[PDB]
Structure formats: structure tokens, C-alpha cells
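The following structure holds chloramphenicol.
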Amino acid sequence: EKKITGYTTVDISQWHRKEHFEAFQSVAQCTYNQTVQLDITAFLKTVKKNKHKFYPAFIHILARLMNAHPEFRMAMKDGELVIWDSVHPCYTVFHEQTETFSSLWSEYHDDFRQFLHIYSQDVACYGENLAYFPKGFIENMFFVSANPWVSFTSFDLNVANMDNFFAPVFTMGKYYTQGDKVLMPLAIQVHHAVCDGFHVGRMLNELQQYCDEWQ
Amino acid sequence: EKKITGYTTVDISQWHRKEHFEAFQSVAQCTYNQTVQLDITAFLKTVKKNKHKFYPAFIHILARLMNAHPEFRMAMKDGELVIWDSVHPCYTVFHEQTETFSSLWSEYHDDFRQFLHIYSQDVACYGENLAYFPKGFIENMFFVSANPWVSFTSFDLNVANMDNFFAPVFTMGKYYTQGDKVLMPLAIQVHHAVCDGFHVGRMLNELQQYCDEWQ
Amino acid sequence: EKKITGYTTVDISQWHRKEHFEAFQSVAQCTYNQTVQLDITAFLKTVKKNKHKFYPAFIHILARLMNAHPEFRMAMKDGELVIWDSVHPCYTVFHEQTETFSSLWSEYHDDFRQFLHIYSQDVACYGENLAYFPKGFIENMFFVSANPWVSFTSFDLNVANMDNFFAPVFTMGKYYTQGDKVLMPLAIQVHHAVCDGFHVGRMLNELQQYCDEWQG
Ligand SMILES: O=C(N[C@H](CO)[C@H](O)c1ccc([N+](=O)[O-])cc1)C(Cl)Cl
Ligand SMILES: O=C(N[C@H](CO)[C@H](O)c1ccc([N+](=O)[O-])cc1)C(Cl)Cl
Ligand SMILES: O=C(N[C@H](CO)[C@H](O)c1ccc([N+](=O)[O-])cc1)C(Cl)Cl
């Protein structure tokens, strides 16, 4: 019948980043991309040993991180800075016949068995649907762009209006063999009003960790 | 004396990217850069075996792709989205004495011998002209920027105004040795309204393929 | 006490890039990032031989380069294009206890022993001060950002308002081993009105050379 999404109102005055947030909202406002050559040698072997698809498995890791730190779940409600209780993955699906992509969001759960079941359900449903947003918008989401075409050494998302655009964006490239290691390009872009080099740094470090500890 | 340029009006209704174009024209408007580490080992060996300069031969390969796929030949005319019959390369020539660059375009031809003849004629002519555009602006053109200074793992063009800026931009790096292979960084900035990940993707793949053939 | 900042007003009429500047200020205005996988093998072994920290040593090399070429020392003063006689580094300091970063600046000197003494004086002073700009703003400065958390293959900075923003920005990453070499990710962003490919090009080529020599 109905569902409500939860948030937390943050008073800037009590926040240790009050002066930074005020600056990257006005004078110093900027977004930044960064690309890493992620090692997924262990993440590939374990995914392939199991009856699993790479894409939703990696999605889950990302969402897990995104639901681990409040600096990623920030948005502007009614002119007020808030933190979502949870943030759901918006991922891209490619339609081979028409050469277009579509974006659909799955509901997030910590449990991987549960998340894949919701994912498969959404992809078995809207997977062949030609609409740009088969399910539509949801206030509390982050984005994952699949780029299986290019093993990129760089990726930069360059938006025209970045005002209040706090939702982080992942782009993942074509993985490849290098020595005894299998690496996958990963790009992350964020707003500086909500994310410092440190915030994105520890997440990307934990991103390596999780890709070396099962699904 | 007089010539008229290619013009194909796209009616947005009959297009499979109707709402895609609509979104990236307003709400989600953005450009995106990707750098790749291009293999040119076979390309350099065949260019060096013949009497060709590296620069014009590569320009041709890019323009061969640019004129193979309509998504790269898109532009806004009189408030309408059109596709140019053909698009011509605009390259940068460096003036070492004054430490500045100029931009001049050459007329595209599918025959390489003929295009290099045009290129030779154009560079022999205006190569020492200190005007920013010694030949002027032209509607149907894409960009190539030379950067033999730096072997970059990243390059990002970052336009202040991206309204209707559908013309794609290449930047090529200082090539270098790595084992047996010769890598040259290449980077494309493209408007998202006209190009999706897939579009840039197949062209980079075809860019690789074409480099592994002859000139 | 009192201090007058030196500059030189550039008349555009005589300048060889008058056409480019006018273009990259209106119609084709853009900034551009680029990341280089820097070879610091010789630079590390030299800094580690002495009792110097890596950060100030590198800060100095970048500043020595900005203050070498006028195209990095450009800005809009009172609606006019001026070149500062010198440009100072604004570097970042991370506070671990509160997980926020500050930005201070040290008056640049061509002599490394001198500079470091001022840098030390500033960090020993405001290194534990939790204000965003513990020293404040300065007309003539370039930016250096430490990113020791990620060994990035690409860093890209996208500013909202690039109007007249000619001050160059550096982002330096987590250095790592690659065979015999020790390489370190480095990004620069510049306004195309003040910087062409060649300017960034030679500075990064010189940056490699200055790293293969001594600390200063
Ligand atoms: O447009 C999408 N993805 C593209 C794929 O190239 C890219 O990741 C992107 C994401 C967000 C965006 N935005 O918010 O303006 C623009 C492009 C969907 Cl995820 Cl909405
Ligand atoms: O501006 C030029 N070249 C620069 C050099 O790096 C770059 O390729 C570029 C191309 C197009 C552009 N634009 O139209 O906004 C801006 C920079 C000339 Cl090709 Cl016009
Ligand atoms: O905010 C700062 N640094 C960040 C660190 O992520 C970055 O170097 C940056 C530099 C300049 C800038 N600007 O003025 O637009 C914004 C961010 C200070 Cl150095 Cl001003």
C-alpha cells in the first residue's frame, strides 16, 4: 500500500565541516572524478566459482559501501541538508537490439542472497523495456554506469549543473589481464560540498578489501 | 566556387533516443571524457616503413571513424538536430618560435593518398600562419588536439558552456615504449545527448582495429 | 606589517596569444585536467637521504616551476590581465582527529632551506588549527592538494564557475612501486585562457628533470 523513506536533518552549526560545506556550495563549488586500477583477481575467482553474475555482485559491494558512510547519502530536501537512512543502486542495462541503455533502481538489502533476488526480479522484469527510467526516480539513490566497452585509464563525468547534486556516480570499465593480476578500471565522482579526498579515499580502500572477502 | 553542406534533419519522434536526448539536453546535461592507452605498435611500424608523417595518417583514421558513425556528426542548426553528410578534421599545428598553436581543418576524403595531398597542401600553405584560425570556422567539423609533450594517463576537456556542443574532441599523447608494445594515450570528450558509452566504445575498438591494419 | 604585492599589467594588443585569450574567455572557455604517472625514484632516495619530509620538498619544486613561467602567475586584478611577480603555494593539511582538512599558505622563496623554514613555521603553528583557512586568503597563490589515499590513474577537477579562475591546481596521489621505478600520480588543472598544451607540457617535462636532480 505505502512506503516511506527515512532521513536525518543535519544542523550545519554542530557539524565539523560547516565552513567547508558553505564554501563548496558557493565560491569553491566543484565536483571531482578519480579513476583507480582496481584489483579484482580474488573477486573474479570467487564470483566465477559460484553461480553468479559479475555485475549485480559488484553493485552490491558498492551499495554496501554507500550504505556504510553518511557522507554519500546526502541530499537537499526542502532547502535543507539531509542524510538518507539508505541509498539504493541505480544501474544501467544495455539493449543490444536497439543499441540504447536504460537505468533501473533495485531496493537495497545488506544480505546478498536477498539483494540478488530483488535484482534478478527487476532485471527479469524491466530488462527488455525500452524506457529510460522503467521504474522512475527515487529521492535516495546513487548511480552505477556500466562501461564494458573500454578498459579506460581515465573517466571524467562533467555535468552542466552541479547544484545540490550530491549523489555519487560510479563508472566501471572493461577488466583485463596484467601479469598474474586481473584489474578493472573504476571511476568515482562526487560533490566536494559533501565529500573530501579522505571520504572517497577510505571507501575506495574498503572497496579493495571487500573485493577480497567473498561476495 | 559555391558549395552547400550535408544536412539531415532528425525527427525526434521516430528516434530510439527520444527521451535520452531530451534529458541530456536539460536535466542531466553533461559531457564526458575518457582516456585510453592505445596500442600503435603495428601502426607505427607501417607508417615508418612508408613515407608518411605520423600526425596526418592518424587524423585520417579518426576521421574515417567520425565519418562512419552518424552520432559523431550531430549538431544543432536552426533550433533542430541535424546530421552532417560528412565531418572534417580540425587539427592543431604548433609554432615553435612564438610558442603558440593554430587550428586549421582539412577536407575529408576516404582515400588516404588524397586526404594527405589535401593535408600537405593545407599545412604547406598555412603552417607558418600565426592566426588562431588561418582557414576560418566551418559548421561540420570535429577536433583533434596534439599533446606530444606528455604521455598522460588522463586528459579532461572541461567546457564552460556545453549547450549544443555536440562536436567531439580528440587529444593524443606522447607515445612511449612498454615491453614490445608501443602505447599512445588518446582521449575523447563527447556530449552525452549525442553519444552514450556504447557509441564511444565501439569507435575506440574500431580505432584499435584500423590501427592494426595499414595506413 | 605592510606589504605590497607585485604585478605586471599585460597589454593584450602586443601579446602573441591575444586571439586565444579572447576566445577562451568567451566562446570556447574551458579548463583541462591531466594526470601523469611521475617517476620519483631518484627524488625519494634523495629526500630520504636527508632529514626532509616529502611534502614540503615537492611543494617547493612545484612553486619553483610556477615562479619560473608567467602563464601560471596570471589573474584578473581590476578587470585587467596581470602577472604576479611571484606566486605562493596553498597546500592542504589533514586533521586526523576530526577527519577534516585545512588549507594554509607559505611565502615562497627560491631557496629551499629558506622556504622549508617558513613552511615548518606555518605548519608547527597552524597544523592543529581546525579553521578552513587558518591563515586566510591571498591574491597571488596556486593550489596543491595531497591525496595520499589513492594511487589514482586519473584525477579530474570540475569547477562550477571557471570565470577568470587562472590559478593552477595540483593534486598529488599515493606513490607506489612499479619494478625498479617508484611512480607517483600527479594532476594539474589550468584555464585554457592562460595555459596552452605547451605550457603545461614543458613544466611537466621540467618537473621530471628537477625531480631527477636534488631537493633544492
Ligand atoms: O545517465 C545515466 N548514466 C550515465 C551513463 O553514461 C552516467 O553515469 C550519468 C549519470 C548521472 C548523470 N547525471 O546525474 O546527470 C549523468 C550521466 C543514468 Cl545512471 Cl541516469
Ligand atoms: O581549442 C582548440 N584546441 C584545444 C587544445 O587543447 C582543445 O582541443 C579544445 C578543443 C575544442 C574546445 N572547444 O570547442 O570548447 C576547447 C578546447 C582548437 Cl582545436 Cl580550436
Ligand atoms: O579546497 C581545497 N582543496 C581541495 C582539496 O580537495 C582542492 O584542491 C580544490 C582546489 C581548488 C578549488 N577551487 O578553488 O575551485 C576547489 C578544490 C583548498 Cl586547497 Cl581551497
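Chain letters: A, B, ..., in sequence-line order. Following the PDB entry, chain A shows residues 2-216, kept in their order. Chain B uses the PDB entry numbers throughout; the residues present, in order, are 2-216. In order, the residues displayed for chain C correspond to 2-217 in the PDB entry numbering, which applies throughout. Just follow the structure's listing: the first ligand is 1, and inside any ligand the first atom is 1.
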Bound partner of chloramphenicol (ligand 1), most contacts, as in UniProt: Chloramphenicol acetyltransferase
Can you tell me which other chains reach within 4.0 Å of chloramphenicol (ligand 1)? Heavy atoms only, strictly under. A, B
Which residue is it, and how far: the UniProt active-site residue of chain A nearest to chloramphenicol (ligand 1), by heavy-atom distance to 1 Å? A:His193, 14 Å
Taking heavy atoms under 4.0 Å, what residues and nucleotides bind chloramphenicol (ligand 1)? A:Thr93, A:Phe102, A:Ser104, A:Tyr133, A:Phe134, A:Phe144, A:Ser146, A:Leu158, A:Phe166, A:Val170, B:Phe25, B:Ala29, B:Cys31, B:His193
